[PDB]
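Here's Envelope glycoprotein gp160 with 3BNC117 bound to it.
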Amino acid sequence: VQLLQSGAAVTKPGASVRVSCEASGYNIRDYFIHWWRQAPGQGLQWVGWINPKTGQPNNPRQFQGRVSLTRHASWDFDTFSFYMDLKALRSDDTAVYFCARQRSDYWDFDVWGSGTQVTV
Amino acid sequence: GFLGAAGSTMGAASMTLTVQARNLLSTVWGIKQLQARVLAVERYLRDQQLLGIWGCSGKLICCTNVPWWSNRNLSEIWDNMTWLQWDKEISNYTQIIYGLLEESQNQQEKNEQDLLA
Amino acid sequence: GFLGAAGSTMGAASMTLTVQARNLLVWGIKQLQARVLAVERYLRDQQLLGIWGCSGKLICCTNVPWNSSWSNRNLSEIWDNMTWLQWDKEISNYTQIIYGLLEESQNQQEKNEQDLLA
Amino acid sequence: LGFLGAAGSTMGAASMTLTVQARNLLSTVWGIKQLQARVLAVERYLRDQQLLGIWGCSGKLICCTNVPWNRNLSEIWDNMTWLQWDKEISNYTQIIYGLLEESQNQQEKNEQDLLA
Amino acid sequence: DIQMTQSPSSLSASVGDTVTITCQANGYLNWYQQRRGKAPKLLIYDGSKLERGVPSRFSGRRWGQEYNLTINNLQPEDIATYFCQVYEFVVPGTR
Amino acid sequence: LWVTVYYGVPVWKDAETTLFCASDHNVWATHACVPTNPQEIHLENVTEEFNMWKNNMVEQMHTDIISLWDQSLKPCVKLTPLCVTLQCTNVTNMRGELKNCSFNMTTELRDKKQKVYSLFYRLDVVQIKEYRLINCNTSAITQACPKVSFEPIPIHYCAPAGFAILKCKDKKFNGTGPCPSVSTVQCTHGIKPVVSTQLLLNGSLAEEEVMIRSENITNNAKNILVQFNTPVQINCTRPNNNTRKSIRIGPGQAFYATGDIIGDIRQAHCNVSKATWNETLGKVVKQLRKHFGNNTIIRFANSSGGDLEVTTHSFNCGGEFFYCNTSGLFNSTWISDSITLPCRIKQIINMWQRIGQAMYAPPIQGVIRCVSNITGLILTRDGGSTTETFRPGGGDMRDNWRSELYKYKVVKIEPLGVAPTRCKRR
Ligand SMILES: *[C@@H]1O[C@H](CO)[C@@H](O[C@@H]2O[C@H](CO)[C@@H](O[C@@H]3O[C@H](CO)[C@@H](O)[C@H](O)[C@@H]3O)[C@H](O)[C@H]2NC(C)=O)[C@H](O)[C@H]1NC(C)=O
Ligand SMILES: *[C@@H]1O[C@H](CO)[C@@H](O[C@@H]2O[C@H](CO)[C@@H](O)[C@H](O)[C@H]2NC(C)=O)[C@H](O)[C@H]1NC(C)=O
Ligand SMILES: *[C@@H]1O[C@H](CO)[C@@H](O[C@@H]2O[C@H](CO)[C@@H](O)[C@H](O)[C@H]2NC(C)=O)[C@H](O)[C@H]1NC(C)=O
Ligand SMILES: *[C@@H]1O[C@H](CO)[C@@H](O[C@@H]2O[C@H](CO)[C@@H](O)[C@H](O)[C@H]2NC(C)=O)[C@H](O)[C@H]1NC(C)=O
Ligand SMILES: *[C@@H]1O[C@H](CO)[C@@H](O[C@@H]2O[C@H](CO)[C@@H](O)[C@H](O)[C@H]2NC(C)=O)[C@H](O)[C@H]1NC(C)=O
Ligand SMILES: *[C@@H]1O[C@H](CO)[C@@H](O[C@@H]2O[C@H](CO)[C@@H](O)[C@H](O)[C@H]2NC(C)=O)[C@H](O)[C@H]1NC(C)=O
Ligand SMILES: *[C@@H]1O[C@H](CO)[C@@H](O[C@@H]2O[C@H](CO)[C@@H](O)[C@H](O)[C@H]2NC(C)=O)[C@H](O)[C@H]1NC(C)=O
Ligand SMILES: *[C@@H]1O[C@H](CO)[C@@H](O)[C@H](O)[C@H]1NC(C)=O
Ligand SMILES: *[C@@H]1O[C@H](CO)[C@@H](O)[C@H](O)[C@H]1NC(C)=O
Ligand SMILES: *[C@@H]1O[C@H](CO)[C@@H](O)[C@H](O)[C@H]1NC(C)=O
Ligand SMILES: *[C@@H]1O[C@H](CO)[C@@H](O)[C@H](O)[C@H]1NC(C)=O
Ligand SMILES: *[C@@H]1O[C@H](CO)[C@@H](O)[C@H](O)[C@H]1NC(C)=O
Ligand SMILES: *[C@@H]1O[C@H](CO)[C@@H](O)[C@H](O)[C@H]1NC(C)=O
Ligand SMILES: *[C@@H]1O[C@H](CO)[C@@H](O)[C@H](O)[C@H]1NC(C)=O
Ligand SMILES: *[C@@H]1O[C@H](CO)[C@@H](O)[C@H](O)[C@H]1NC(C)=O
Ligand SMILES: *[C@@H]1O[C@H](CO)[C@@H](O)[C@H](O)[C@H]1NC(C)=O
């Protein structure tokens, strides 16, 4: 069970940024994928999950209309790619973004991603 | 042999119960035999349970308590009539007896002994 | 009817054993498996009933002494107030050793005695 | 001491462990192969139980019969095992079974019926 | 609603001593230890059971609405930030 | 004193076993189901502990429905010469929904070929003006075999000998917990195997009022199941008048294309009544307010996103697969005439959430109309929260089946007991 991550991205204000994870090591369709972002010198912040089987996302009121979560499986359903799009970069959107695998109803994220630096 | 006492009277056909009793148990062709085996086992087991509930376990001839429709005399019944004619004649009255023996008559008798001992 | 006396006490549920006793017997394998499983379960239960010397009887008395270690309650209360389901959990722990005692002490020695004295 | 644990023991000592032998009799590829065994075991058990029931010995591990018979019992029960007994006496078992079926059971039913 | 707090803030435990980090919450709680400039890692899940691959010294216990994690035989490598998350709510943690 | 053995005592234990079908030319093969007035016995003085989220009836029903779906697609035609390079043009010169696509095809003789055409929907073709079928790179097509019908019919689930099915007769019954009015039965009522994602159709209505059931309401990742006490009528229609044309692609192999449409091309759609939906939403809000503050704001909204199966109300009406835009219903915000839902039609179907195999669906001639009764809802709640908002969701059929089997359970009878008595064996 291993996930992956993309490199750091620098974007101008009023642009779009895309961050991608990739899970290759296990039965992907049976576990949710969650996204988190951490501001510098602050605790973790919750971004919504995505259901790999049907693709329906769930985002909080703060990120409604600005974040999109999609997944794209490959042939033989051996690898998955989970993307995250942010529509309008603002001043205080700088943070570090992680993708995590929820194992069970306890909401315990055993596997995490490397992380990505997003700066405006 | 098997079913050989068919034409004989109920008096002379009740002495050979064992010979009929033995033969109860005894890929297209591989599925039509397993069905027969399971069906035979099930029918034999159902008949054995029906015998056992009434108080008749391992007994080919029983005597039970309920009184005794028919108006014929005993000599007439056991002298000339055969088993099949009796079965065809009295098929209606069987269900009354079947529930009568198992429900009360045995169930009562299974208690007084427990009360007595 | 079937399971009608489930809520009734032990005293009033002992007169209805025959109702449960006579109801114990794709889309092509799911019927055969059930038909053979019912027979196997019925034969196993009847074998255990028979090897204790109780074959053919719904209510049989046994000469195995009952100690208070397994359970101890007043005979007036047990048969008048509490239910069979309530009693099932209370004595469920010690059933196996009771069955083991019934195995040889109830019938085997008495079988040998009957063999010698006949 | 267990299943078939008195195989070498003398008949007198082997007759005390009837229950341990009597208890184990009942209980895609390897999907039908298990079902065949499941049906076969039930069939064999039912056949043996029917044979016991016909003779009037139903539900009895040590039965007594009404069929009369060298071979003094002292040497048989003290100096032999069940296997040698089987090898020696297997010839006559069919006629013994035939006598047991009707010579002593159906008759007993007739006298019991006529008595009451 | 879900209300959860982590009072201890910063601590000054020394090497070779026993440390305790306490919190209060309702619902399932999990403890994570994050080193500076690295991804978080799960130590104890459900707040009482420890994930396979962590030394047995780390132990967390729950009583009523008060949970806390105790570490004994502290080592220099254990200087990270410890925080507890219920479902989607996290607190900055303790360092 | 002494121990006595009772055979036939009323005692049951939790267990799981295979339950067979009894049902009073069909996908679900109810001919193999045994024939089925059934008796129901009331049990008094008893309170059984029920759980609907962990019962095994739903799993067995799911795998049995999948097996019946699979075994009915074996005899009929395998459409895999149809993966060729199509050439498609517009049907008229709503626009661009239908396409006239022509291609080459084989015939009864191996050395000969023919040129044919058919009318395809825009949702079934993908551009390479050369198109191709949507799934010729992922799966193989088998035809839906017109001799069978897709109309659901009630199915019972009956238990073997030595087992029983317990039922809960509590009117206001929560998903899990004791039931003070347990009864017993041999087997259940008729259950229609209907497939839908966001609205439940032709279901069983509640007796007292609207009920809310979720495994754990605090966890937002689990859906909420809503049951109505009164149905909502919905009329769905397909105005087009199609003609079906048969094409021979081999010895004994037939392909059913579409000749043309008589009259005008009109959009398929469904109608709901506005006032009844308003009352139903008011009742749902009133019941939902019990699991939150008494002054919290309730909201409803369009689906967030995903596949076409979960963002739209999906079903079939008489053999044509409808996907309907439902964003006109969940349009409200609550503080303490008719609605028309445009729909689209699809023929190449990937069913049961499998990506390995697919199915075709022959065109059905004539006008198609359905009148159905909406019984329930499946919702999800946006996390990170006053002002709770709810979106429609679905896609998992176990949620569909669980709304019918929430009261039944299976138990095994154990007819042996040991009891203390004063009697001594002779
Ligand atoms: C929910 O249940 C209703 C039950 O009425 C279903 O409506 C019924 O659907 C069938 C299938 O199309 C209709 O049968 C058809 O009738 C026409 C006209 O007689 C005939 O030409 C066809 O060959 C076919 O037999 C039936 O009339 C219709 N019932 C009513 C009252 O309109 C509905 O389809 C179900 N919904 C779902 C999603 O399953
Ligand atoms: C949802 O899950 C939570 C956490 O697993 C459950 O919280 C438990 O609730 C019971 C009864 O209220 C308490 O005895 C436990 O101590 C709680 N566990 C905790 C706080 O970790 C909650 O009950 C669940 N919801 C439902 C409806 O069952
Ligand atoms: C769809 O078109 C067909 C023609 O192919 C119509 O069928 C005719 O219907 C009328 C009305 O009963 C009959 O009198 C004719 O005999 C039918 N066949 C013909 C004209 O060939 C059908 O009615 C149309 N559908 C609708 C809903 O109007
Ligand atoms: C569903 O609702 C639509 C919209 O009201 C109905 O369509 C109307 O039909 C009548 C009768 O032909 C026309 O006079 C109206 O102009 C139509 N409405 C519109 C907006 O064009 C339809 O009849 C209803 N019933 C169905 C589709 O079965
Ligand atoms: C949906 O279709 C049904 C059935 O055609 C419609 O019910 C009709 O309602 C009118 C009055 O509004 C009655 O006069 C008719 O008798 C009803 N039909 C039948 C067959 O009885 C209903 O109006 C339609 N529209 C909805 C439910 O919005
Ligand atoms: C959610 O609502 C919005 C608008 O109410 C729908 O989004 C529209 O989608 C069309 C499709 O191309 C766009 O042209 C519009 O611009 C979108 N609206 C806005 C305001 O941008 C959306 O379809 C609804 N959700 C679902 C699942 O249908
Ligand atoms: C589902 O229905 C909604 C409501 O009709 C659609 O939202 C409209 O989309 C059109 C597309 O250009 C826009 O012009 C309208 O402004 C939208 N309405 C509102 C209120 O914003 C939505 O597009 C439909 N979904 C799909 C996939 O077509
Ligand atoms: C098949 O083709 C479609 C259309 O381009 C594409 O979206 C899809 O990803 C392809 N299948 C796979 C397994 O890549
Ligand atoms: C057939 O009937 C005759 C006439 O009574 C009788 O003598 C004979 O024994 C019967 N045969 C059998 C096999 O019972
Ligand atoms: C920390 O430990 C216990 C758990 O063992 C916890 O319940 C309590 O709040 C704390 N106890 C003390 C003495 O601080
Ligand atoms: C148990 O059920 C019987 C039968 O209806 C009833 O008479 C009795 O009162 C019930 N027990 C109690 C405690 O109510
Ligand atoms: C055919 O439909 C396409 C897609 O809407 C459109 O761009 C084109 O103008 C139409 N007419 C043609 C190709 O003659
Ligand atoms: C059918 O095949 C012929 C080969 O001669 C080709 O010229 C023609 O374009 C094909 N038709 C289509 C619709 O692809
Ligand atoms: C539903 O009806 C009530 C009362 O008639 C009204 O206040 C409310 O606005 C209606 N809802 C919508 C969405 O129009
Ligand atoms: C309801 O939907 C209409 C069109 O679908 C839209 O204009 C409106 O903003 C929505 N919300 C309302 C009326 O509150
Ligand atoms: C709703 O429709 C179903 C099937 O068409 C029908 O059985 C049911 O009776 C209807 N609802 C009412 C209240 O009649």
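Chain naming here is simple, since letters A, B, ... match the order of the sequence lines and numbering starts at 1 in each. Cropped entry; intra-crop contacts only. For the numbers below, each heavy atom of this structure counts, side chains included, while hydrogens, waters and symmetry mates do not.
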**Message:** Can you tell me where to find 3BNC117 in the structure, every copy?
**Reply:** chains A and E
**Message:** Could you check which other chains have heavy atoms less than 4.5 Å from 3BNC117?
**Reply:** F
**Message:** Help me out: among the chains of 3BNC117, which one has the most heavy-atom pairs with chain F under 4.5 Å?
**Reply:** chain A
**Residues of chain F near 3BNC117: heavy atoms under 4.5 Å** = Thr218(F), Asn219(F), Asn220(F), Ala221(F), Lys222(F), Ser304(F), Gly305(F), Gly306(F), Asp307(F), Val310(F), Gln353(F), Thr380(F), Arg381(F), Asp382(F), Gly383(F), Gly384(F), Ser385(F), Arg391(F), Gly393(F), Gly394(F)
**Prompt:** By chain and number, what are the paratope residues of 3BNC117 relative to chain F with a heavy-atom cut-off of 4.5 Å?
**Reply:** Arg29(A), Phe32(A), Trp46(A), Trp49(A), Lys53(A), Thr54(A), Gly55(A), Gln56(A), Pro57(A), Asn58(A), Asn59(A), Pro60(A), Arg61(A), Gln62(A), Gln64(A), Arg71(A), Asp105(A), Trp107(A), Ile2(E), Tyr87(E), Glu88(E), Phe89(E)
**Request:** Extract from the PDB entry the name for chain A.
**Result:** IgG 3BNC117 Fab heavy chain
**Asked** What molecule name does the PDB give for chain E?
**Response** IgG 3BNC117 Fab Light Chain
